[PDB]
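Caption: calcitriol together with Vitamin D3 receptor, bound form.
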Amino acid sequence: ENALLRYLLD
Amino acid sequence: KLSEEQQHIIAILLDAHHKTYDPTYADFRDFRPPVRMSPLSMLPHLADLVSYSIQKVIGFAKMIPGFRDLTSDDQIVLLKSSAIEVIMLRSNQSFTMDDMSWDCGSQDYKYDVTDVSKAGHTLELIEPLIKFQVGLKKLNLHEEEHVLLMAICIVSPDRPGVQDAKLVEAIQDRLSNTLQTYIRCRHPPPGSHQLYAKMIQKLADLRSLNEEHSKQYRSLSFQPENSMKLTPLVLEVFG
Ligand SMILES: C=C1/C(=C\C=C2/CCC[C@]3(C)[C@@H]([C@H](C)CCCC(C)(C)O)CC[C@@H]23)C[C@@H](O)C[C@@H]1O
């Protein structure tokens, strides 16, 4: 679901 | 004594924070201009600051030893729950005892109780917040203590929806045990007395503060007109 968090965490 | 691994950990967190936190506050110009004339005039400015701050918190988190071991889901959950608490914690550095406000080196970026109210937040959150800031300020912690607290907050086993409690617990223990050991070796009386227990207590106050913000956030967020002023990140993180 969460996209923006996943990208930033790498 | 402070073991070498413990000294290493402290070095890493300090550096992490120095990169993640800007004393100059230069980046603040980029946010939508603050408005103090008008309901929730402050919110667009304040919402951008929060969004910015969320990014900075995410970066700090990644640098924390063992945070990278956790499943992606477990990383996500820890950030989602703690992001408000950490922002309140890091915000202490801008907070001034004399005026009881957050001072960003300029009159325009100075933040007072009425400003936060102009965000759409009631005194019940606000008044406990200010009290927390004072109580934290009074501790006058070393910078090493300050970073360590934020990292121990970020990595919590209890947080709802955690996939692997045991592993998150293991990572937290190392940092906690690092903080305890540091105060006793590196912190002199009478400031050292009760400082770990007092610091732990502040995490409990943050949990209460998180619950209040969340309720207030949902009533704010529920209205489409206010929701439009939030950043995409803020909506995703704060839900
Ligand atoms: C963030 C930081 C700063 C201030 C934090 C503040 C000051 C104003 C009031 C704030 C923004 C509180 C608000 C109740 C937050 C409400 C957020 C929302 C409107 C979305 O529900 C929490 C933290 C407080 C500036 C700087 O210290 C960096 C730090 O990182």
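Chains are designated A, B, ... according to the position of each sequence line. For chain A, we keep the numbers from the PDB entry: what you see runs 741-750, in order. Throughout, chain B uses the PDB entry numbering, with the displayed residues spanning 123-159, 218-419 in order. As a basis for the values below, the full set of heavy atoms in this structure was taken, side chains included, without hydrogen atoms, waters or symmetry mates. Both ligands and their constituent atoms are indexed starting at 1 by order of listing.
Taking 4.0 Å as the heavy-atom limit, the other chains contacting calcitriol are B. Contacts with calcitriol closer than 4.0 Å are made by no heavy atom of B:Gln396, backbone or side chain. Note: chain B touches calcitriol mostly through UniProt domain NR LBD. Any N or O atom pair closer than 3.5 Å counts here, and B:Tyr143 shares at least one such pair with calcitriol. When each atom of calcitriol is checked for a heavy atom of B:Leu229 under 4.0 Å away, the hits are 1 (C), 2 (C), 3 (C), 25 (C). No heavy atom of B:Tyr232 sits closer than 4.0 Å to any atom of calcitriol.
At a heavy-atom cutoff of 4.0 Å, calcitriol is contacted by no atom of B:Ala299, backbone or side chain. For B:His393, the closest heavy-atom approach to calcitriol falls below 4.0 Å.
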